[PDB]
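Among the contents of this structure: salicylic acid.
Each sequence line gets a chain letter, starting at A and going down the list. Following the PDB entry, chain A residues are numbered 4-367, in order. Per the PDB entry, chain B residues shown: 4-367, in order. Chain C is numbered as in the PDB entry; shown residues: 4-367, in order. Numbers in chain D come straight from the PDB entry, and the residues shown are 4-367, in order. Counting starts at 1 for both ligands and their atoms, in listed order.
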Protein chains: 4
Amino acid sequence: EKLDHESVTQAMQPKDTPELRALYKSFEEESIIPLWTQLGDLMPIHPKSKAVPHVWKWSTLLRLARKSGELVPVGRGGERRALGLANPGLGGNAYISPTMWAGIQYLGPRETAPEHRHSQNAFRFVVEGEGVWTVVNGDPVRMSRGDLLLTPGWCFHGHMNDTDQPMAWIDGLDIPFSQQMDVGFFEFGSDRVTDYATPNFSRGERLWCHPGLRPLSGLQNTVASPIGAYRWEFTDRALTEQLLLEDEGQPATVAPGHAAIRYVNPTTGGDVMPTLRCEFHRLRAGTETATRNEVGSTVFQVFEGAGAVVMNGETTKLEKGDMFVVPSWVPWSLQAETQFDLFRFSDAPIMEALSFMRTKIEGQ
Amino acid sequence: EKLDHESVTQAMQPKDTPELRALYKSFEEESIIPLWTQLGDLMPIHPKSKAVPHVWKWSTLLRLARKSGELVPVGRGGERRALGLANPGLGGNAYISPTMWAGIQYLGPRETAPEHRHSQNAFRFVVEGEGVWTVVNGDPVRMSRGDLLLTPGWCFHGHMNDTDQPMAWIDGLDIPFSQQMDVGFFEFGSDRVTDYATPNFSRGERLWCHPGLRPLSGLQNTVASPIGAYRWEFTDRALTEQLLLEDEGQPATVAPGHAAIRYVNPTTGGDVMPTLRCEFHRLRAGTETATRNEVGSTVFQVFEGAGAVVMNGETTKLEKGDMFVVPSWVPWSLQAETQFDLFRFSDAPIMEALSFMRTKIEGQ
Amino acid sequence: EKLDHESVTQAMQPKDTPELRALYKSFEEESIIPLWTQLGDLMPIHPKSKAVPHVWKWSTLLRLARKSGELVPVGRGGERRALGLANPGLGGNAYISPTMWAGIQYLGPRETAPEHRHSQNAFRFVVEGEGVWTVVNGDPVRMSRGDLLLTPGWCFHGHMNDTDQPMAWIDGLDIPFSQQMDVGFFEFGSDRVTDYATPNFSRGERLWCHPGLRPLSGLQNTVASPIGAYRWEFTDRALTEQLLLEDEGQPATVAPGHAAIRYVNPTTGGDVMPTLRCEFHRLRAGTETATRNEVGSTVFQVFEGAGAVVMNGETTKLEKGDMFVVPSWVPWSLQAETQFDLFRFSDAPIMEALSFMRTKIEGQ
Amino acid sequence: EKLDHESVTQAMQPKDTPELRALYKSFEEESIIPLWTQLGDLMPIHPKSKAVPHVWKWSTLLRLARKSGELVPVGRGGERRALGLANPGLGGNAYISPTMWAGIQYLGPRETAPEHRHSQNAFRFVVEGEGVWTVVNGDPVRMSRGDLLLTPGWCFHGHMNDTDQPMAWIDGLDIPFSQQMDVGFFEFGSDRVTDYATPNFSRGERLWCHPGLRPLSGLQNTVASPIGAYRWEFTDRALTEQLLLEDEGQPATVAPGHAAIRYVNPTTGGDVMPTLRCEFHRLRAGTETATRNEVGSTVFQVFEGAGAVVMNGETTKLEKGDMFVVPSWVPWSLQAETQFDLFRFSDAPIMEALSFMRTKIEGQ
Ligand SMILES: O=C(O)c1ccccc1O
Ligand SMILES: O=C(O)c1ccccc1O
Ligand SMILES: O=C(O)c1ccccc1O
Ligand SMILES: O=C(O)c1ccccc1O
Ligand SMILES: [Fe+2]
Ligand SMILES: [Fe+2]
Ligand SMILES: [Fe+2]
Ligand SMILES: [Fe+2]
């Protein structure tokens, strides 16, 4: 039980003879690899990701995105002026974790990013800015500060800046999962967006964003949320109410001074998309979360306030827009200096769907 | 296939002899009843309810409720000054249909209706009035015009009029189902309500009424909705948006000029309670719905405007507050003279859960 | 909490005046019934069925069925020479409980019972006999001692005696539920059965009765089991193995000396049909089950051995073939004198689907 | 729509200036990778696995396994004398596909392989041999020709040869998925097996292998099958019956002359384990399956008879024991020369759980 791969007796060490070396040589020629030389690496005691905890500064991401807006035109082929966060441990792949892409995207004055679709699921999140509409299956969706915008797999999407000012946001996708697992399909759509209109609220929201109500034309459940925009207003109100209810001595917050919501598919009560979980957390000044180990990877973006993250015992100070990744089973906690708002995403739906999820919480 | 119980050959007619009569007599003594004398009644070609279509006028219901407020005190024992709509076909039982109670309730100035709970599921709907709070598991819930209020089975509930003016509403319960099926439990609670405070919005709403958002403290799914109030604002907005989207040529309405929503449990996307489905319909002036036959019973209350219902080919003119029941498989349609808003409930979740549901729609 | 409808203060007793009597008279004229005169009956503290516990002797059921085979021809119209057990508490209805029909059926030498279908779900169980095939959607299904045969709602079924000797079995249906709830449809099929062949095993069994295996042509889940026959061999083997595993000190039996199985839909792991649960119990000699209160009704048939049932504290000695009903919430236990085998059915799937199920077990 | 990554206009080619090269250099320093240089590789038109179709000959696998039994002792540390099939396209990883390990394992006379558990799900399949018991959570499970044995994640398992003759089998696991996704946990158990007894049938089978029957002590559904052994008898009988039913003109086979089953979890009707689907196929002599493209990877082992596989248009002749892998979206078909039996496994449950599954069938 307490034994690990370092301390266990190694009882399968063959005698090193010419017959043994010839056996190993013939394994190579036959595309055979023995378990007994490999076991501890293939099957660790607990997860040990090649990805490392890492933090990217928003100020740095903005500088690089802005310079890219100056030097690189957006359009067909390359599709998006998007910069992926590449984990230092992941071999030069544009993967923030083994399952997820997280990237900054920049659309300059009056630019269009052309329409396409792909089996890969996607969302947009906005720490700051306005001006862009993303048109999802023909339905123009305004992008504003604090909004989560969804683009489920196989939905046509294109983006356009309707103003004379640049805008930046983050993209999350299951690109790394999808590449390694061979589930990717892609289709080019129109070179412009199919609708340039700029309504305040999308058709999706107009049908689906009334609490506890479901259109009779929408009684079929969906694999992904039909809500195209989870607007900041509602997120802000939800979190405030939780802290207000806590004041009044009423259950609501997930832990003391820790308000939090999960963005959900309203047809099921489940996650927004099959591979991706999105959450939003608001911590009271002075709140320190209990340290968690969780299977699978998570990424946060600081939306507002000041604080720190601790990963593997290491404290990193965080500011507005900063992004960090916690790989599988890395102990993590957040510490709020001011009231501390963060946007969160993860691959937890994959882990939970396949019964791989485990959680260790300090004090429990 | 085209044969029915009237036209089929009756091939089990025994010879009427003293031996046969002695056999039938001994069936009675042994508590045995033969199928062959009974078949057509026990197993009809299509449903043939003992309940009949029937309409009750709100003006009449109000008169009787008001007089009851003058002559009958509310309190313990009797519990509620509630008048049940009793279907003429249902043998003197206080059943609007074989599954459902529908009733008018009246609470006068400053009165309290004391706390209790029961396995029977319940909701309140308000065509008109204000002043009452219903306190559900200690959580005061304001009752206003156009609101649906829920009281799932086994939740403690009491009601109090916080003003000097009377209020009336309708109650729906699965009382008849629960009586006939032997599932009823009941417990007396406090003689007053446990909280006299009168907040604008309940704790339940404050956690659960933000579209597409779920508290992390509420990740467990519930058998009934945790939303205690489905406020008129949202219902009205939903219905308007559907008619607006229809104008713009966009799918939304369930049929031409027919906007409609289903009130739902946000943890599942399903019905508010296991036995009871609630809906709200808004018809454009001049809309006539396609005639439907549906398994199980439904009840409507006219919330606003003027129109008619047709049941079994018979037109009945309807006004604000009027209530009608459509028993199982009775052909029904609605005709809007002005824009015509109706609140709807039914036992459809029971039928659908047990795979008994069938639907015939005229033109399909 | 400890108050009941007998001991609670009755605080809604109006003054008995001509104005009050005129109010009550006008309730009658308007088809209105007040809650306050009715409450305790409509909403009891715990279930109080109109059905009573009752036992029918197989010797008596056989005598009556045999005499019916002499005096009453089987055929069209009457459809089946079936005798329903009619609960003394259920008003002359051919209902063994408020939800279920339980009946003895008799098919004499060479007789055919013609084909039909109905939304009502059905099963056959055989304490004794052979010779009959029931043809279900064209698929001949042999009927033998100890077999459970299924006939899910809307499946065409007819029965024929292929021998010169009579056979009797029991039928269970959701007839009473279906009548009271208005879900019944019925269709006459062919006057004879569509296939007179008499294979040992049906096509359904040949596809579906291999443990842990599912045909690739059957990947769609079904609302009812596609297994047409649950043969005695497997039931007997299952129960024996549980008692053997218990001997070996291994978990298997549901309680000490109490082996039991539930017949299941193999596509879901759930109940055989939406309204009806079937089980088979085998008790070691000397086993006495802990007393249970359960919501909803259950019926047993003694298949073999000798024992007793206790209901409401009353012991009734039982022999092979005897049948008894336990209405909702009646305390019940079984006592085995010899090894005691019983077939069981109930309306528990209805109760569980609608979250009405409760269970009290003595000692827990 | 018809455009691909080769033929699309590349409109994001920046001017190659020192400012651009400095921008790209600073991307490297900041752990940023741009989408626009990467798009076509990250997001292909359809899947394009690094894994290639490949076939391994059983004669070759046996030779290498036998020599390993001579030169390499089995025991602690290395754990298993197992040889993994390593796809030539997968970079030297011991992965037959991106999701699955498939390997030959060899246990010589009287040897024990010691107990352990791991989150990785596993099964054993036997083309030939007898003598080994695998003890799963203390429950000895006989291993015989044609049997599928399961070892769901986190179950303690060890293996022992109870005879004087060697035995070989194949192992399938979700090792590659689990490594790349960081879900692996591992625990060492006892150095020997905890029970050396050698019963014909395990406790799991004795509870769970009776068709359509479920123990009342097992009403809780499981994430993986509780059946530890899917014995050849039942698999053989199922397949025969399908071909017999086809002869009789009755629906059963999945395609003409193509009998097939899926091994299932009896508590749900679903797959044996969350990550792994197992099937068994029997083709009539002369049957050629319609060509399929399927998302995700599959592996077959020829159990009996002679035939061929076609992958990417290439025919490879197959004999008893031979193994082949079809990576994601590779067109594949089987051709039977004699009656042709194959065991199949795949990662299809992962694809279906996450809504990534697509299927193209030739002629449909
Ligand atoms: O569609 C996008 O905006 C996008 C952004 C980043 C990565 C892949 C994408 O398709
Ligand atoms: O609780 C109520 O207000 C009520 C109203 C009508 C019928 C039964 C009830 O419990
Ligand atoms: O089909 C039958 O055999 C039957 C038996 C009893 C009651 C109703 C029925 O349809
Ligand atoms: O337990 C096994 O036999 C085994 C076999 C191959 C790979 C990993 C394993 O744990
Ligand atoms: Fe995209
Ligand atoms: Fe009540
Ligand atoms: Fe019938
Ligand atoms: Fe293992």
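Tracing salicylic acid through the model gives ligands 1, 2, 3 and 4. In this complex, the main macromolecule engaging salicylic acid (ligand 3), as named in the PDB entry, is Gentisate 1,2-dioxygenase. Chains touching salicylic acid (ligand 3) with a heavy atom below 4.0 Å, listed by letter, come to B, C.
The site surrounding salicylic acid (ligand 3), defined by heavy atoms under 4.0 Å, contains B:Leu38, B:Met46, C:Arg83, C:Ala85, C:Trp104, C:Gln108, C:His119, C:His121, C:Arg127, C:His160, C:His162, C:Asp174, C:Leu176, C:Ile178. The nearest protein atom to atom 10 (O) of salicylic acid (ligand 3), hydrogens excluded, is given as C:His121 NE2, 3.0 Å; this is a heavy-atom distance.
Closest to atom 3 (O) of salicylic acid (ligand 3), if we only count protein heavy atoms, is C:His162 NE2, 2.8 Å. If you check which protein heavy atom lies closest to atom 9 (C) of salicylic acid (ligand 3), you get C:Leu176 CD2, 3.9 Å.
Scanning out to just under 4.0 Å from salicylic acid (ligand 3) turns up other ligands and ions: ligand 7 (FE (II) ION). C:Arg83 NE, 3.2 Å is the protein heavy atom nearest to atom 2 (C) of salicylic acid (ligand 3). Close contacts of salicylic acid (ligand 3) with C:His119, meaning ligand atoms under 4.0 Å from a residue heavy atom, involve 1 (O), 10 (O). When each atom of salicylic acid (ligand 3) is checked for a heavy atom of B:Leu38 under 4.0 Å away, the hits are 7 (C), 8 (C).
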